[PDB]
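Quick look at a structure containing caffeine.
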Number of protein chains: 2
Amino acid sequence: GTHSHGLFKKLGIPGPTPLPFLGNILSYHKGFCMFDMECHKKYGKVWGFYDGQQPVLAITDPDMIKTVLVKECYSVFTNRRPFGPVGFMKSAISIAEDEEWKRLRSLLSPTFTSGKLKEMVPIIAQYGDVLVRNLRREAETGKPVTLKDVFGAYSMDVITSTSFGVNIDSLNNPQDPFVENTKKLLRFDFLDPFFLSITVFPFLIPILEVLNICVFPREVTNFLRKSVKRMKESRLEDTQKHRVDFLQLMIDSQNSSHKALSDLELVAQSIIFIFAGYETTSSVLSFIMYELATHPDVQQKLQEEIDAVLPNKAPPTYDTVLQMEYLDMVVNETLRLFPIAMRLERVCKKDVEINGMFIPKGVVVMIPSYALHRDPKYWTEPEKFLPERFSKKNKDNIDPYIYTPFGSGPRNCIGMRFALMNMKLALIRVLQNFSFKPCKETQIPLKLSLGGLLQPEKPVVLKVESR
Amino acid sequence: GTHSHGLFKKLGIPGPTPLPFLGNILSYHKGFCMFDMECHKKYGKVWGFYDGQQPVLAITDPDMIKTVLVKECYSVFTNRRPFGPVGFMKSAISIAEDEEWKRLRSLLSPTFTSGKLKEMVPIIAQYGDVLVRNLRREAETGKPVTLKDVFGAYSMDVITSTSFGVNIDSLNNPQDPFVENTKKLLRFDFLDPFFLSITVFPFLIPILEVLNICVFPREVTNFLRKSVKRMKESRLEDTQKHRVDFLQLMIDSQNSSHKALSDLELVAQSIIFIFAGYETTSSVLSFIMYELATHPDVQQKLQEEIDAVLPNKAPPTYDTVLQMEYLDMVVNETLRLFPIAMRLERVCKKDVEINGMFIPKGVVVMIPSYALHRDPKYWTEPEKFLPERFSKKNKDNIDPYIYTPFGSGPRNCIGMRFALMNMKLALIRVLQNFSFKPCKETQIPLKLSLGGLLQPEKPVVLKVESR
Ligand code: HEM
Ligand code: HEM
Ligand SMILES: Cn1c(=O)c2c(ncn2C)n(C)c1=O
Ligand SMILES: Cn1c(=O)c2c(ncn2C)n(C)c1=O
Ligand SMILES: Cn1c(=O)c2c(ncn2C)n(C)c1=O
Ligand SMILES: Cn1c(=O)c2c(ncn2C)n(C)c1=O
Ligand SMILES: Cn1c(=O)c2c(ncn2C)n(C)c1=O
Ligand SMILES: Cn1c(=O)c2c(ncn2C)n(C)c1=O
């Protein structure tokens, strides 16, 4: 009942007093972010709470966050919190643990070098132009535009081609088999009834694993396992058309210290890259277009910067993307306000003392990225969208352990450079062509979901006018 | 269903073909020992089977057993197979794992040195004389004697006094609170319905742990937790009566590298020493008295040896016990025929290759002590009780990885020297006084249980005549 609930009381650590069985989950009625903000204001730099019987220790000091995320990563803080049932997706790099993770991360890093990314840019840019043609169709018809639909389709297009060589105008092929299945790989709402039920009954996870029940929908993982094997074969026959997708890069890796990726592991990476990058990219893109529609001066400045680097609507390149400083500032400032991961977490696998504080074995150590991104101690007027924060002049005062939209240390976002390049390539191609102005039905100011995902209450709709 | 059942088929390893869900447990209808003998005869040096979905790899080569039990103990083969639900007995040294085990084993080894044992001998010998007075009462009344009752009471007497300073003629006080509770700490029958059900439904263990259901009976562990705390206090007051029991030795250890034993850990050791030594000691003692009643020449020789070392029925001492060579040979030969642990087991925690064979992570590696003790390749006429096997002349040919009545390596029986001293002290004091002859109701030859414990089908009853 109150089996594990005496922990933070004994260590002297403050927090919200838990209820038997539930722990503190009734406090999630306003979402993770409002709960972490409120805990921070009340209890200060460190506090504890219980997801059911699972103790979670929140930390906010940048030197102590560096010890967890960086310094003692391989020794103590290696793994994220177990969730399940995951079935074979246990072999996905984001879910693997200890030596399996370290091996998988070693096997996959060459797949995310800037050289392989530079090679993928011509593919991504192709669907930037596809986004423009579809944006135009909805702009020449004066009609408000749902960002997540048009950015969802773009993120989908980039995914299908950069991971499998599958080239699809998903917007206009919404019933292509590959689109209908990929659309289902959406991030998990850990506040929905099923996951809250598992949190309160974690002893039921083994029961679901043995019945082959799985949080990754069976129909979609089956479709991709057999889709991947069909590509694996057919790539061995017509072996002249060189490919630059993730699949091909992972196929070449098993043609080898460590063991090469097994065919099942490879399918698990392919699945988790999609899950990791699909709804995230489109969510961020939508948040950015919101800030630019509500800050027309910022939008004008960015469009001026783009036309200076790429005159006469010249196609963006790898090097010209990295050149655009205000674009980078706009992306970063949006990710400060909306760090869609919300939290970073590591399990404490050993009794440890770091920076002076004792951490018992088994605790989940949580870094509350949303709250730290909005803390007045590091960010003046934290609620205002102000890209000059990230000017090269002010970048000296920004702690890489307070601003963590992609995490930090060995287990950070492995697709970070890819996601940044992919979002900026879309942004340039869109802003070269259009301007984005509010509607009357634009939620101004935008409200966040009370749910377990960082996303707007109402969808973001805006008017799109052709330049 | 047949989730894990393709393992040994793929590795090329032979074994009995498993049924869905059950694995091979229907083959346990003749017990562990007959199953391991039969597997050995059929499949040779190495074979595999499934306890439910749990693969077990049996090994028989002494160089490969040394690698598991000795060479790669700390790195790969550290832990025994999980069973549960165990509740807080998770902190008992025999159940602890990895770094917890290593710490507990380090903290408890000084408690089992020959110096502390020499100091406990006067206590143990006291109950040797108590065994004699009770044996006499049943000998002057010509009436057959149930060994396990008279050796059970002796093992109980030695336990209560050497671990808690509690001095009781348990035979004649069978309703003393301390006796009635200790009598319940009996070894587990892993072939009984409850444990077979858990083997086939291991996913139910977490469900029982959360309801505080536990294989160590709650009533008995509660009685001992509060009995121990009563002694812990009262030992701090009258601190003049020096004590030499395990409790006192563990109390002195928390008056300190490692963390000292917590009060809950200490109670867990106290419990597991009883469980480990109570039914085992009396079982072996009974098997020995059987062999001596069925081999009167061996019995005469041993009694002659005792009267040569201890003339005029002199009290046995530490040094005079270690002097008696034929006594040691009789004990060892009995433990060859009846190695009551039946199997040694280690979990394989890593992908390993030892002595040329691949062992996947998660496999249970089993050393089938009963079968190896009766293998014709190492033991001529293995079924005959022949103590000369262990003469100093022939001790050169006996492989310490074939003969493993107490296991081997860092995780071997930590109470081994104590158990040997305790059984020999009883044997001497009894044989100095009595001779043991069969009954008509003596099961000759004795048959082993078809159950999960190495024990006689029928109880062992014998006539006891005073010398
Ligand atoms: C704007 C889009 C994205 C954001 C905001 C984002 C953010 C994050 C964050 C916060 C983490 C946790 C890191 C930590 O715990 O410290 C993470 C992990 C990860 N991300 Fe991203 N990500 C994005 C896109 C992508 C993409 C496109 C991929 C494609 C490969 C990807 C692959 C991964 C993987 C595999 C992990 C787990 C890495 C590991 O455990 O070793 N993400 N991401
Ligand atoms: C004739 C009586 C006994 C026999 C045949 C016996 C045999 C064994 C065997 C075969 C093991 C397994 C070792 C391995 O896995 O390699 C073991 C472990 C153990 N025994 Fe004994 N034992 C006896 C009496 C005792 C006694 C009196 C104690 C009192 C302390 C004791 C304490 C232990 C402990 C604590 C372990 C687990 C050690 C660890 O995991 O580190 N045993 N015993
Ligand atoms: C609240 N919560 C999480 O936030 C979570 C989780 N697994 C992963 N995360 C992030 N589980 C099981 C959970 O209950
Ligand atoms: C509502 N819901 C889920 O949300 C879910 C699930 N299995 C996995 N997930 C994520 N099941 C069975 C379910 O009923
Ligand atoms: C913890 N975490 C994230 O927070 C995440 C992600 N992909 C995107 N995000 C935001 N992955 C794979 C992940 O493991
Ligand atoms: C057959 N068997 C054992 O023999 C066993 C066990 N746990 C320990 N042992 C020894 N379990 C769960 C088991 O099913
Ligand atoms: C028969 N049986 C057992 O043998 C048992 C048990 N809990 C532990 N054990 C060992 N329960 C609940 C049980 O019904
Ligand atoms: C595996 N095992 C045994 O086989 C054993 C024992 N005590 C006696 N025996 C036989 N203990 C504590 C143990 O863990």
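Note on naming: letters A, B, ... go to the chains in the order of the sequence lines (proteins, then strands), and numbering restarts at 1 for each one. Atom set for the values below is all heavy atoms of this structure, side chains included, hydrogens, waters and symmetry mates excluded. Both ligands and their constituent atoms are indexed starting at 1 by order of listing.
To find every copy of caffeine, look at ligands 3, 4, 5, 6, 7 and 8. In this complex, the main macromolecule engaging caffeine (ligand 8), as named in UniProt, is Cytochrome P450 3A4. Other chains, heavy atom under 4.0 Å from caffeine (ligand 8): B. Both criteria (UniProt heme-binding in chain B; heavy atom under 4.0 Å from caffeine (ligand 8)) are met by no residue.
Distances from caffeine (ligand 8) to the non-hydrogen atoms of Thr280(B) include at least one value under 4.0 Å.
Of the protein's non-hydrogen atoms, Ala341(B) CB, 3.4 Å is the one closest to atom 4 (O) of caffeine (ligand 8). At a 4.0 Å cut-off, at least one heavy atom of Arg187(B) sits close enough to caffeine (ligand 8) to count as contact. Residue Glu345(B) does not touch caffeine (ligand 8), judged by heavy-atom distances below 4.0 Å.
In this structure, residues within 4.0 Å of caffeine (ligand 8) (heavy atoms) are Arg80(B), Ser94(B), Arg187(B), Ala276(B), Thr280(B), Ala341(B).
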